[PDB]
Structures are given as structure tokens and as C-alpha cells.
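The following structure holds salicylic acid.
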Amino acid sequence: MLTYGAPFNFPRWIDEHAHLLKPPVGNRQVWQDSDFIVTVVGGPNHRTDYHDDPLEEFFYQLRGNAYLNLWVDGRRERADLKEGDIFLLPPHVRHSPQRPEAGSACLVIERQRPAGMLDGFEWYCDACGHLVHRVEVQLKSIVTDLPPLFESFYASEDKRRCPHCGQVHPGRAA
Ligand SMILES: O=C(O)c1ccccc1O
Ligand SMILES: [Fe+3]
Ligand SMILES: [Fe+3]
């Protein structure tokens, strides 16, 4: 059987869900329970953390512009996803995706991680640039598995304390 259904129009699928592709929600998986994790990610959404994925992530900016703050060779870099752009992020590269624009849409693809394989999340000192905080996590369900992790850091002056210049990372925004 056609487990994931049959083809459907994508433009007008996005439009239908536009109400979920703007915070508090922010994103939307297309199919459930599939090896390819396929999501549309919409703005506005800024975030403070860095994902460390053990596999690859594929981006394709269908609508609006966005960007990825990165960590490269020691410096902090930036990838621009102006509209129309595609990009393939290699594994373990550290990325913080900023979607300033209201009603931007970006297709993001990735693979269900198999048991044994954990993702890291990481925040860095704004000032001394040392790693403030890191959690590794067997990512099973984006929904259930991920917000709580963010709260524990965001609601604790203690974790946000840099183990170098003792400066307290903001957690909320910038
Ligand atoms: O957890 C992810 O792979 C991810 C998904 C969408 C946007 C940014 C990301 O780091
Ligand atoms: Fe990621
Ligand atoms: Fe610091």
C-alpha cells in the first residue's frame, strides 16, 4: 500500500498549514513515522543554540530568506539561504538557523536517527566564546523530546554560566 499516501500539491499544502508554520508552533512534519524526516520550517523564529547532527541535513529555501550561524575551523561563520537557494549540511557541523522573515518557508530533510546515534545541542559564550553548555540526546520525537531540554537551560542561570569568563548566557534571545 501507499503508506505515505499519494502525491499532493505542495504550494497549497503549505498555505493550508501556514497557521502552524508561524510560532508558537514554527514547523510541520509532512509524513509521520518515516525514515526521511521531511519538514517545512517557517519564520519568524530566532534561536540561540547549535545543533550538532550526526548525519546530513538538506535545505531548500522555497520562500523568503533565512540563515545559519555556524562554527568553522574555530571561527563563527554564516550560511545564507536567500530564496531559491539549496544547501547540504555535512554531519556534526554546528548550526543555528535564524528565520527572521514572517511567512518564509524552507524545506528541511533528514533521516530518522537509529538507536546509538545521538544529537548534541550546544550554547556558546556570547563574550568569551567558550562552550557554555552541551546536551546529547537520542532524538525520537522532535515534539516531546526537544522543548523540555530548552526550558531546563533557559530557566537556569546556573547552566548558562560560562566555565571561562563566568558570564551568564541569556537563553531567551538577543
Ligand atoms: O534538528 C534539525 O535537524 C533542524 C531542523 C530544522 C532547522 C534547524 C535544525 O537544526
Ligand atoms: Fe539541525
Ligand atoms: Fe565566556
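Chain A is numbered as in the PDB entry; the shown residues are, in order, 1-174. Side chains included, hydrogens not; waters and symmetry mates left out as well; all remaining heavy atoms used. Whatever order the structure lists them in is the order used to number ligands and atoms, beginning at 1.
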Practice problem: Please list all instances of salicylic acid by ligand or chain. | Solution: ligand 1
Self-check item: Main binding partner of salicylic acid (ligand 1) (name per UniProt)
Solution: 3-hydroxyanthranilate 3,4-dioxygenase
Quiz item: Which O2-binding residues that UniProt annotates in chain A are found with a heavy atom under 4.0 Å from salicylic acid (ligand 1)?
Solution: none
Quiz prompt | Overlap: UniProt substrate-binding residues in chain A and residues with a heavy atom under 4.0 Å from salicylic acid (ligand 1) | solution = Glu57, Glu110
Quiz item: Per the deposited model, what residue and atom form a covalent bond to salicylic acid (ligand 1)?
Solution: none
Self-check item: Other ligands and ions less than 4.0 Å from salicylic acid (ligand 1)
Solution: ligand 2 (FE (III) ION)
Exercise. Extract every residue of other chains having a heavy atom under 4.0 Å from salicylic acid (ligand 1).
Key: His51, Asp53, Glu57, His95, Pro97, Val108, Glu110
